[PDB]
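Model: Neuraminidase / ligand oseltamivir carboxylate.
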Protein chains: 4
Amino acid sequence: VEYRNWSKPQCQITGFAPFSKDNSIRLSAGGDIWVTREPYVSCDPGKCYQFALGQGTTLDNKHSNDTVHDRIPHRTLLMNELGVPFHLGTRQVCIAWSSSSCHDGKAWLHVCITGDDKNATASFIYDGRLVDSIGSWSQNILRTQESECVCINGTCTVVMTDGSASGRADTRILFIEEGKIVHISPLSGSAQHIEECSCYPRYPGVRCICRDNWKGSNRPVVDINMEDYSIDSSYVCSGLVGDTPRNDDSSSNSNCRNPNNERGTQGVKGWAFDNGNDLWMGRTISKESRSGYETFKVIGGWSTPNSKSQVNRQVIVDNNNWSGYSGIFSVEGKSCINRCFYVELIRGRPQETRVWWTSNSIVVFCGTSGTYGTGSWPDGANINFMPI
Amino acid sequence: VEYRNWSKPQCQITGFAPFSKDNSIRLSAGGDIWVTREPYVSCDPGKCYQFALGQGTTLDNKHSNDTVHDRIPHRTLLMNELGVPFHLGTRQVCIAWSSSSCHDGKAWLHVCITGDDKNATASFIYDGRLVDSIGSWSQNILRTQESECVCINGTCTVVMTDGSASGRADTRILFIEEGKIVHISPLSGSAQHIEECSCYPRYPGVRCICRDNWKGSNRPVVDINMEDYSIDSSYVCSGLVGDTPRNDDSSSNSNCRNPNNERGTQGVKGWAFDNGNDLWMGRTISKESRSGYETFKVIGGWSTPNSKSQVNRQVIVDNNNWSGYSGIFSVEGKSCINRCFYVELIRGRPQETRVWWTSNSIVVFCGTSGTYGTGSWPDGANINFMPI
Amino acid sequence: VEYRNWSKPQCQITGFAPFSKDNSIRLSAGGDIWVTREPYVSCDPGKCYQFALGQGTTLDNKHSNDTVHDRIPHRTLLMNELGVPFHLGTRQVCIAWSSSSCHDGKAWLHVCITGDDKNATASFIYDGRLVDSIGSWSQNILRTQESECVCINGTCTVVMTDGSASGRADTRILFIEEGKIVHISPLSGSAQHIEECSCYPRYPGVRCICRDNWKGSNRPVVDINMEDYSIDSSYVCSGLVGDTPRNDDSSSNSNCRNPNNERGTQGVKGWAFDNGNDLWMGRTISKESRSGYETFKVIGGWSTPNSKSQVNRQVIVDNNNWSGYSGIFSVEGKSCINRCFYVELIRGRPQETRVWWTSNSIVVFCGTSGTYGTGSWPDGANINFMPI
Amino acid sequence: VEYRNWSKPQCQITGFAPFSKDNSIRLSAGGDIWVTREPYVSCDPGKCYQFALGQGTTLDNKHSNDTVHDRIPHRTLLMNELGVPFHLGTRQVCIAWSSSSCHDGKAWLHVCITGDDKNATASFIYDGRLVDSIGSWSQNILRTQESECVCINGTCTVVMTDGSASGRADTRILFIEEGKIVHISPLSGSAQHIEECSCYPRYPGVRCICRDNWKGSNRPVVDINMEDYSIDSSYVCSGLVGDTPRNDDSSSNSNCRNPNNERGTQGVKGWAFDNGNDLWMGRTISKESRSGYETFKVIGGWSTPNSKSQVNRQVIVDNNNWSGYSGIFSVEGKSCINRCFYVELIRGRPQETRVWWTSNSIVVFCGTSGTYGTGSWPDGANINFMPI
Ligand SMILES: *[C@@H]1O[C@H](CO)[C@@H](O[C@@H]2O[C@H](CO)[C@@H](O[C@@H]3O[C@H](CO)[C@@H](O)[C@H](O[C@H]4O[C@H](CO)[C@@H](O)[C@H](O)[C@@H]4O[C@H]4O[C@H](CO)[C@@H](O)[C@H](O)[C@@H]4O[C@H]4O[C@H](CO)[C@@H](O)[C@H](O)[C@@H]4O)[C@@H]3O)[C@H](O)[C@H]2NC(C)=O)[C@H](O)[C@H]1NC(C)=O
Ligand SMILES: *[C@@H]1O[C@H](CO)[C@@H](O[C@@H]2O[C@H](CO)[C@@H](O[C@@H]3O[C@H](CO)[C@@H](O)[C@H](O[C@H]4O[C@H](CO)[C@@H](O)[C@H](O)[C@@H]4O[C@H]4O[C@H](CO)[C@@H](O)[C@H](O)[C@@H]4O[C@H]4O[C@H](CO)[C@@H](O)[C@H](O)[C@@H]4O)[C@@H]3O)[C@H](O)[C@H]2NC(C)=O)[C@H](O)[C@H]1NC(C)=O
Ligand SMILES: *[C@@H]1O[C@H](CO)[C@@H](O[C@@H]2O[C@H](CO)[C@@H](O[C@@H]3O[C@H](CO)[C@@H](O)[C@H](O[C@H]4O[C@H](CO)[C@@H](O)[C@H](O)[C@@H]4O[C@H]4O[C@H](CO)[C@@H](O)[C@H](O)[C@@H]4O)[C@@H]3O)[C@H](O)[C@H]2NC(C)=O)[C@H](O)[C@H]1NC(C)=O
Ligand SMILES: *[C@@H]1O[C@H](CO)[C@@H](O[C@@H]2O[C@H](CO)[C@@H](O[C@@H]3O[C@H](CO)[C@@H](O)[C@H](O[C@H]4O[C@H](CO)[C@@H](O)[C@H](O)[C@@H]4O[C@H]4O[C@H](CO)[C@@H](O)[C@H](O)[C@@H]4O)[C@@H]3O)[C@H](O)[C@H]2NC(C)=O)[C@H](O)[C@H]1NC(C)=O
Ligand SMILES: *[C@@H]1O[C@H](CO)[C@@H](O[C@@H]2O[C@H](CO)[C@@H](O)[C@H](O)[C@H]2NC(C)=O)[C@H](O)[C@H]1NC(C)=O
Ligand SMILES: *[C@@H]1O[C@H](CO)[C@@H](O[C@@H]2O[C@H](CO)[C@@H](O)[C@H](O)[C@H]2NC(C)=O)[C@H](O)[C@H]1NC(C)=O
Ligand SMILES: *[C@@H]1O[C@H](CO)[C@@H](O[C@@H]2O[C@H](CO)[C@@H](O)[C@H](O)[C@H]2NC(C)=O)[C@H](O)[C@H]1NC(C)=O
Ligand SMILES: *[C@@H]1O[C@H](CO)[C@@H](O[C@@H]2O[C@H](CO)[C@@H](O)[C@H](O)[C@H]2NC(C)=O)[C@H](O)[C@H]1NC(C)=O
Ligand SMILES: CCC(CC)O[C@@H]1C=C(C(=O)O)C[C@H](N)[C@H]1NC(C)=O
Ligand SMILES: CCC(CC)O[C@@H]1C=C(C(=O)O)C[C@H](N)[C@H]1NC(C)=O
Ligand SMILES: CCC(CC)O[C@@H]1C=C(C(=O)O)C[C@H](N)[C@H]1NC(C)=O
Ligand SMILES: CCC(CC)O[C@@H]1C=C(C(=O)O)C[C@H](N)[C@H]1NC(C)=O
Ligand SMILES: [Ca+2]
Ligand SMILES: [Ca+2]
Ligand SMILES: [Ca+2]
Ligand SMILES: [Ca+2]
């Protein structure tokens, strides 16, 4: 087996086609299924896997009310082949209330963070063994991407933050070789707050679109140079911004450089990617709630500040249904690298108070150069049919 | 691994021997089992797999009443080794309310259709990644085989239809190489309505026996030329016709060219294959309902219009028990290509109204050159024991 | 991969050591577990598998009362790694109410019999495909070993019977190459009734110890010549006889040649094997009921008519607990071929009438050249804790 | 595949990082999970496995009250990939109420003890077959490590004891090649009572830290010479002693040679390892009960009698939560051999009498040369939510 280089051009896409759906919550009403949140997808050279952070319990289980507590020690990273729901035979890969995973072409790396809020531990597990660990540097919830990391030529990179979720924090970019941290670079550039980066290979480097939880409803961009470990950062140019909450399209702004200070506090994990001057992106349909999901291309969305001309819109989840986190993953084809994404479909609390638990299912779409129609692929569980 | 060519003669069979049964509905009364319909079987060069369209729920689950709705976004293609029932560890391969799958000798292709009735999307997934997609061309339930596609020398073919289920529609034959659509041929010849083709390799080409849902109780034939992409079509010659509904044996007709206009509207997915001038075929025992299943050879059933002399009858499911869809699959042996078939055994609605759900189990038989006896292998569940 | 020849001497054993137990019935009280009977064990070159005939249902399931009926069409052969209980992810290998399985060094052969009592079908499945089939020759419950078949140099042999279970029947020995029947030899010699043979490789031939259901409580022996397909048969010499029912040890007899006519009618599947003049054998502890299980060596038990000197007795299941069928399997070691056995532990009807079902668990022991102690390894379920 | 030699230096660790947690008891309240105790971890050259002794039942099952009885014949060794909870698809590897397992680089060896207290049998299973067995030598609960054995150059060693648990016993060290016992050495040196050794490779030999159940709260050490089979034994030097019960830190003693006669009777399985003059060790936080778990390095803890200066303490389980057995396992890295440990988290009887059963979950930590924070990772189940 050879290391992945991702040294193929990006696939020229026309939109996205349906790829996978796990129906987790529907199944939870008639079977033993893990309570989860913060899912993601990552593929080895042959096939894709779904990941999520378990809550140390199944849904039809009195322990499912534990989701009211943050970052419990029982949270573990779950890993299954994509489309296999999180049943009781699911492997718990590590202890984690925040994680990132990626395959370097030879083996899996898992970054798993657990322990006390003020003194967390990140474990680095490669090829089935613990290779390294790092402690909290700002004593305030050491945390990572909640989506796939990216490896080029045997060096994997992952973005981590420690510090305030509502003010200046300490973001660092780690470079990892076979599980061993070989370099750490501080965040540099004009991004002022970085959470939950959605990263993708853009040979020879890595590009991340993240969540500003402090002053921006425009999404920050982090650019990682894999040759010399240098970091740059800015904000997505698009005037159609990607965060939730955000302003209406008619009053939203981005200048590519600074947080827009428009309903900037809080946010949701999301993604976008460049194609020349243009931008492909997803976001919730609701401006203030994690409801619905849509994708579109913004003409000049990458290069032109405040660009608002969209095309190729697709509804993924209609606005009568709950969404959640979303993130990118990349899949190597015969001649190009394709971009795909997943959407977390959150059910239960806080939005649905009949039940005491919070959990999710997922839906997954992949880039296509072909054609497609329309639809909506929500979680689909009837809240009234669920164990409370 | 090399591409399949299927370039061996067809096995000379005397009838069929029992191969597999999954007992899905019986198990559903005492375990967590997926609600399904439209099952089929396809084998890689080593082993066979069972497929079905899930309804995003298990049977003992309040969501099982969702089967009243057509083409829900929660339908996914399920895939297990043949004989492994659809338990909660089953992989959902893609999002699909219509599908076809096949292995080209190197990897699996799945064709998965989902989305809105008037604007559906077909996704083409090969070797675990999305390679292509196509949108609806007639804005009226883009749909496909519900059984295995066929690949010769790395080119897979699949039959798709879009348009009316009760009048002239737009049927197209797709040619797919490693998941990429390389050519699309319109239907040609005298078949006037094509649904749910059961296709098989007949080197150097592919032959399909389908369902005419409009004017014929005789089954259409589609012949696919894999060398130049040309298409021909007609009707099975046999005066013993394969569709349900149909006339009784004394008043049924086929002229090999046109739909017979005998109880022609509606139908059921089924299969047949040629052996020289003769025809092996299956059908429901009832002429009006999806009850029972029988196979036999029709002497001159391929070459002689209105041929009605049968031999080698076998009851697969007696007429006191429900059947459903049936389809062909092909299995390469040491020196010949064998033909096998599955029968869908539908339980629940509309025939059994004690329950709200509709689901199925399967029974599977394979061609034999040896000898065999008699029996009946129905679903076997007691409807009174079932969750409603 | 090379064909198995079993061309090593037999291991020189001192008794048997515990190998495996599946706890099926205990687990059935708190989990979804298949209803089974007629289990056996067979190993590929690397590891062992447990097999059993399912009843198309789990135990905690209203369909579990179906065991009152004989040879239902829903019975299927189940196959799992040894020690994996028959959970819902278990593969159903074929449709069977009687079976035999074996690995030839390259691939698995399964012999699966199903269908009508008076007109059954035996299917022969090799390397995951149906290769051959044979119909009933005496129109009276075509049936086979219910334990492993044996292959030498790519030819597998299996013993089958058709006809009366309480009078002269028609026993035949089949020789199978890659799933294809290449020769059938009629039973020859002095054995007068043959059921459920427990066979083992004894290079260059195969030896079987079987069940006489007609006139013998001494067990018949069938010797199979793999070179020229010739058959010989007789009875185990030991005056300590292996069948149940049987006479007390003080009044039991065998002359090595004829059925003893001592409580000869009926029986139970069992095993024995030769080592020079001596015999290793198992049997129920009770003379008239399938209760308890014991093994011992009979000095001169192979060569001396009516020999009754035993040594090296071991209790496997004490006589306060139910047993059932038992059979041999052989395992290739570094320098010798070891003999192992399994015991079926039947729970439920007819002995335990609180419940309506009949099912079993298994315990497995293997030959040892070492030392060992004592114990008892019964099913262990409390009948009062079971679903009825 | 080549034999493991473990001929790399020990990794220089700063403490331990979180590796795995299975949440078994929490899951048992909403799923079918095995009742277990005496768990351990062992890895093949690629990945880690969790083992435990089943009680022949799931937790939500009336048979769960069987844990009141000692050493039932239904106890079997369970084996899953690390992090896969013991669901119903778990393989029971052998019959065992005491066990040890290890991989020699080519295949797994399992040592499985079962049968009567006064006459037990140890079975030795290698590469999926029974190779050897030994009977009880002292007729008083033949028993072994309950953690991984160690193999160097194809010879595996395991420590076994037979005789009194509260007085002088007969401890022997076995040397096993491909499942065959090749040599047995009696215990030699100054250790006066040996139970449940936690052993690790210390090339060219093996070192074990055990449990003195008779006169010592200091842990015995067994040194095994793999070249000439010679045995040495002593006690851990550290004045901070590892057993439970024990004296408080101000009044505990060890002289490296003799049991300390300080609350010496009874004990708990535990571990330690040397690094030069220093000692890494774990123990319960409570001095009297199996509550809490802590690790630390003792300066001069290996070489200096009664050394009590500790550094690098970590809480693994806080003292408000139940612990249990703990043991070491070793994992080969690129250039060093790492040490890891597991902690058994016992729930139910005798400490929690709302339920009748006793079971456990696990938490697992691995040596790190990096940095880390703090936390506590207890079982996490709410005893009031459990089936009784
Ligand atoms: C043990 O197992 C073995 C293996 O399974 C059994 O052997 C098999 O037995 C089968 C039944 O006998 C046999 O198939 C038959 O072959 C004959 C030709 O030899 C064929 O005529 C049979 O088909 C007729 O009968 C079946 C019922 O058995 C009907 O379902 C079918 O529709 C056919 O009936 C029609 O044609 C008859 C003859 O013309 C008419 O008498 C009848 O009324 C009916 O007429 C209607 O349809 C006509 C059009 O076909 C139409 O003109 C007219 O107007 C009416 O509408 C059947 O295929 C297998 O060949 C044989 N297999 C082997 C390998 O030998 C064996 O029996 C079992 N043992 C025991 C003791 O039972
Ligand atoms: C974020 O996480 C990091 C990493 O986990 C934290 O850093 C770690 O912090 C640990 C706690 O400070 C530290 O371990 C300690 O090392 C010191 C030596 O530097 C050692 O003395 C400590 O052991 C004592 O204290 C612990 C409680 O913390 C007790 O459980 C233990 O028994 C020891 O107490 C005994 O000795 C003391 C000193 O002699 C006495 O004062 C005390 O009363 C007690 O005496 C009894 O025992 C004696 C025998 O030992 C006996 O003579 C006497 O009679 C009494 O019976 C502990 O090992 C780690 O080294 C450190 N790790 C690293 C990598 O730096 C960090 O704190 C976290 N951040 C925050 C903000 O909390
Ligand atoms: C069958 O399926 C296909 C494929 O999915 C469908 O074809 C796609 O259709 C969509 C919708 O028309 C189209 O995306 C639009 O492109 C337009 C540019 O040509 C954009 O202007 C438009 O964005 C506006 O409308 C959206 C709602 O549709 C709003 O959500 C969005 O905010 C935009 O609205 C603002 O801007 C407009 C214009 O300035 C203004 O009037 C509004 O007030 C507001 O300020 C979408 O991005 C795709 O391009 C089509 N895809 C392809 C491949 O052709 C097809 O429609 C379906 N068939 C049927 C019958 O429905
Ligand atoms: C610890 O475990 C070991 C290993 O399991 C035990 O050692 C074995 O012990 C058994 C029982 O003694 C022994 O097997 C016997 O060998 C005798 C020959 O030496 C046989 O005579 C004897 O058979 C008779 O007794 C059985 C009951 O034990 C009856 O079931 C059986 O029908 C026989 O009884 C008839 O024959 C006798 C003699 O003619 C007559 O008196 C009776 O009335 C009746 O007609 C067993 O086969 C094994 O050989 C031992 N194995 C080894 C390897 O040594 C050991 O006993 C256990 N320790 C303790 C303390 O119990
Ligand atoms: C699980 O936790 C929830 C709280 O998150 C519990 O609900 C509470 O129950 C108490 C006592 O019954 C009430 O006083 C509170 O008002 C409830 N809180 C909420 C937010 O609803 C629930 O009882 C727990 N489940 C079980 C089985 O005990
Ligand atoms: C599942 O759906 C069916 C309808 O498809 C529900 O059955 C209906 O229930 C209502 C209220 O009880 C009745 O008034 C209707 O007559 C029923 N319809 C039919 C067609 O029978 C059923 O209640 C749903 N299941 C659950 C658990 O709510
Ligand atoms: C399963 O089958 C058994 C029979 O094998 C049923 O038990 C019978 O029940 C009927 C009516 O209740 C009684 O008249 C008979 O006496 C019973 N027979 C025996 C042998 O007990 C049982 O009811 C069936 N199970 C279910 C759920 O219907
Ligand atoms: C499981 O075993 C326990 C005993 O170990 C049973 O508990 C006993 O029940 C009886 C009758 O109800 C009481 O008189 C005893 O006092 C109980 N003993 C203890 C130690 O509590 C229990 O009933 C068994 N479980 C089941 C389902 O029968
Ligand atoms: C601690 C800051 C962080 C991102 C802003 O909060 C996230 C908010 C969440 C959210 O917005 O849904 C849930 C995440 N599980 C949480 N992350 C952690 C590590 O607890
Ligand atoms: C839409 C026409 C088509 C074939 C006639 O209807 C089929 C009828 C069905 C049937 O006759 O059982 C069920 C199939 N699931 C359905 N196919 C789709 C795609 O909905
Ligand atoms: C039909 C004769 C045969 C052996 C004598 O009866 C067996 C008796 C049985 C028994 O003695 O337990 C159960 C077996 N399932 C049955 N075999 C078949 C094929 O039905
Ligand atoms: C028999 C002595 C032995 C070690 C002291 O007792 C152990 C005590 C136990 C304990 O202290 O928790 C439980 C172990 N399962 C048991 N071992 C056996 C084989 O029964
Ligand atoms: Ca924000
Ligand atoms: Ca029709
Ligand atoms: Ca008999
Ligand atoms: Ca002690």
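Just so it is clear: chains get the letters A, B, ... in the order the sequence lines come, proteins before strands, and each one is counted from 1. Counting starts at 1 for both ligands and their atoms, following the listed order. Note: hydrogens, waters and symmetry copies are ignored here, and every other heavy atom, side chains too, is used.
Including duplicates, the parts belonging to oseltamivir carboxylate are ligands 9, 10, 11 and 12.
Other chains in heavy-atom range of oseltamivir carboxylate (ligand 12) (under 4.0 Å): D. Checking atom 12 (O) of oseltamivir carboxylate (ligand 12) against the protein gives a heavy-atom contact under 4.0 Å. For oseltamivir carboxylate (ligand 12), other ligands and ions under 4.0 Å: none. If you look at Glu38(D) next to oseltamivir carboxylate (ligand 12), the close heavy atoms, those under 4.0 Å, all belong to the side chain. Below 3.5 Å of separation, one finds an N or O of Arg71(D) facing an N or O of oseltamivir carboxylate (ligand 12). Under the 4.0 angstrom criterion for non-hydrogen atoms, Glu196(D) is in contact with oseltamivir carboxylate (ligand 12).
The shell of residues lying under 4.0 angstrom from oseltamivir carboxylate (ligand 12), judged by heavy atoms, excludes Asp70(D). In terms of polar-atom proximity, defined here as any N/O pair under 3.5 Å, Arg290(D) does make such a contact with oseltamivir carboxylate (ligand 12). The source organism recorded in the entry for chain D is Influenza A virus. Residue-to-ligand polar distances keep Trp97(D) apart from oseltamivir carboxylate (ligand 12): every N/O pair is separated by 3.5 Å or more. Looking at oseltamivir carboxylate (ligand 12), you'll find an N or O of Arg37(D) within less than 3.5 Å of one of its N or O atoms.
Not a single N or O atom of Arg143(D), backbone or side chain, sits closer than 3.5 Å to an N or O atom of oseltamivir carboxylate (ligand 12). The contact residues of oseltamivir carboxylate (ligand 12), taking heavy atoms under 4.0 Å, are given as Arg37(D), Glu38(D), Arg71(D), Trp97(D), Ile141(D), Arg143(D), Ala165(D), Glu195(D), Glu196(D), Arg211(D), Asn213(D), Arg290(D), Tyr325(D).
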